Chemist: 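Okay, here's the structure I mentioned, the one with meclofenamic acid.
Following the PDB entry, chain A residues are numbered 28-122, 128-163, 188-250, 264-503, in order. Heavy atoms only: backbone and side chains are in, while hydrogens, waters and symmetry mates are out. First listed ligand is number 1; within each ligand, the first listed atom is number 1. Going by what the header records, the deposited coordinates were determined by X-ray crystallography, 2.2 Å.
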Amino acid sequence: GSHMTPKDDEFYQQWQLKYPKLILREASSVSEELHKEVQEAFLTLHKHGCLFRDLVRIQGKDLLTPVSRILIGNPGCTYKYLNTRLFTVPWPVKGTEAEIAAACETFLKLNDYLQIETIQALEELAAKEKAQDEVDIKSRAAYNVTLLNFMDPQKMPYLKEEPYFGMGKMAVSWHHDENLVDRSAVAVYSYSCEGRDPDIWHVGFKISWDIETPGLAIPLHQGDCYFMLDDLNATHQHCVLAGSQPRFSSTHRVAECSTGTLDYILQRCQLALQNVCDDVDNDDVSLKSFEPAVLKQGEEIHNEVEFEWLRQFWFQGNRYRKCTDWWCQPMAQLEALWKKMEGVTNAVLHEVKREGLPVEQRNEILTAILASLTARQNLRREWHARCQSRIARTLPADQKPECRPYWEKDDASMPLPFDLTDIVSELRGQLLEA
Ligand SMILES: Cc1ccc(Cl)c(Nc2ccccc2C(=O)O)c1Cl
Ligand SMILES: O=C(O)CNC(=O)C(=O)O
Ligand SMILES: [Mn+2]
């Protein structure tokens, strides 16, 4: 098991014959106007301390990313990898701080450019496949976010070795980019500060399943861009090989956000609250229907807003409040919507305890809502635990994994306990009463 770089004669023909959906556009191809603007944006962003290592989960384990990052993109958009939902600090799409919003404006135009370069290469790539479709192409380049990366190999000197082709130290281990639109492209701007050369940053590629076809290590210099086209991200894996100097990168993606925008999730909540009499906002929640399919939907949306949104957000300690206040209000509103749903749940629970309610209808209600209440107990445990791992305590005071929402047994404001174990036990019991 070995690797190839431009030092090798076979490199170029291997690139052409076994990795042709990968494109390099060296630093020369990018206007010098742009290079300075985005390199300042990286630096300003870093200075204001907008880049955090993410507390991520993989194969059951809580791990911090070697790399520090921030997600920038369309307002209300999220990008989710390794069970962690990153929320965009927004960029001036038509429709917070002066210095910070300058960097975001910058990466938006980077986005515009990379998108342009991408559509072109996709057009060329299709043209080489002759020896409507233009909507497919344009959508697969419609980058809606970029995830920025930073590492200092010296200040962060805790790097794994590459296991298969001897490529050396990895800033990022072998992976596929998750949560991307099918066959959508990825475009990376690489900003270094200064066998394969250990001091230089590379991106590495291999075929999935394969450690016999030699991998490519491609040198990345200050300002070089690369592009993963079409199904490349699915058929191959990539990693980042660290150099010795620090480096930034901006990875532009077409996030599959069909259940991952603010608007999507507000609409979901609003769909749940249609089962609620909504003349007035108080604690006396009254439901229009107890048809199983509707109660189930309500409880599923309840879970969705709680775990994919509130807890994901608060798990990162409102670290983005340093960059924008953008999510602050929407997250308050989702909490407020969530609390009403606790009201809904409580009311369903009330109706299940009602005398003059035929067991048949009661058991139909139980069977509809049981899986959701179960999933809700287990995930509440998981998030509680994940919030209090010693790896999470070690973190600073502005990134402290807050377990929100959380309330004590004596809390008069909440109609239901955080711990649903007794509630769940009982409902399960009644369903087995024969
Ligand atoms: C699959 C994937 C996706 C994104 C990152 Cl940053 C990584 N890198 C890590 C993430 C968490 C913990 C360790 C690593 C690593 O690179 O060793 C990986 Cl392995
Ligand atoms: O930084 C790079 O060049 C490659 N980035 C990634 O693979 C990533 O952030 O998912
Ligand atoms: Mn990647």
Chemist: Specify every chain or ligand assigned to meclofenamic acid.
Modeler: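 Including duplicates, the model places it at ligand 1.
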Chemist: Please provide the name that UniProt uses for the chief contact partner of meclofenamic acid.
Modeler: Alpha-ketoglutarate-dependent dioxygenase FTO
Chemist: List meclofenamic acid atoms under 4.0 Å from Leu109, heavy atoms only on the residue side.
Modeler: 2 (C), 3 (C), 4 (C)
Chemist: Of the protein's non-hydrogen atoms, which lies at the shortest distance from atom 1 (C) of meclofenamic acid, and what is that distance?
Modeler: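 For this ligand atom, the closest protein heavy atom is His231 CB, 3.3 Å.
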Chemist: I'm comparing meclofenamic acid with the native substrate site: which UniProt-listed binding residues in chain A have a heavy atom within 4.0 Å of it?
Modeler: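 A heavy atom under 4.0 Å occurs in these UniProt residues: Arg96, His231.
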Chemist: Return the residue, atom name and 0.1 Å-rounded distance of the protein heavy atom closest to atom 10 (C) of meclofenamic acid.
Modeler: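 Nearest protein contact, heavy atoms only, for atom 10 (C) of meclofenamic acid is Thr92 CG2, 4.1 Å.
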Chemist: Between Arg96 and meclofenamic acid, which part of the residue brings a heavy atom under 4.0 Å of the ligand: side chain, backbone, both or neither?
Modeler: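 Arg96 to meclofenamic acid: side-chain contact only, backbone stays beyond 4.0 Å.
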Chemist: Would you say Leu215 touches meclofenamic acid, if touching means a heavy atom closer than 4.0 Å?
Modeler: no
Chemist: Heavy atoms only: which of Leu90, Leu82, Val309 lies closest to atom 11 (C) of meclofenamic acid?
Modeler: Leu90
Chemist: Quick check, please: with a 4.0 Å heavy-atom cut-off, which UniProt Fe cation-binding residues in chain A are near meclofenamic acid?
Modeler: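 Per UniProt, the ones with a heavy atom under 4.0 Å: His231.
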Chemist: Counting non-hydrogen protein atoms only, what is the nearest one to atom 17 (O) of meclofenamic acid? Give residue, atom name and distance.
Modeler: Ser229 CB, 4.2 Å
Chemist: Which of the atoms of meclofenamic acid are close to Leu91, meaning less than 4.0 Å from one of its heavy atoms?
Modeler: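 Listed by number with element: 12 (C).
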Chemist: Given that the side chain starts at C-beta and the backbone is N, CA, C, O, which of these parts of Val228 lies under 4.0 Å from meclofenamic acid, counting heavy atoms, or is it both or neither?
Modeler: both
Chemist: Among protein heavy atoms, which lies nearest atom 9 (C) of meclofenamic acid, and at what distance?
Modeler: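 Result for atom 9 (C) of meclofenamic acid: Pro93 CD, 4.1 Å.
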Chemist: Identify the binding-site residues of meclofenamic acid at 4.0 Å, heavy atoms only.
Modeler: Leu90, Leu91, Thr92, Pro93, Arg96, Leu109, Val228, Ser229, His231
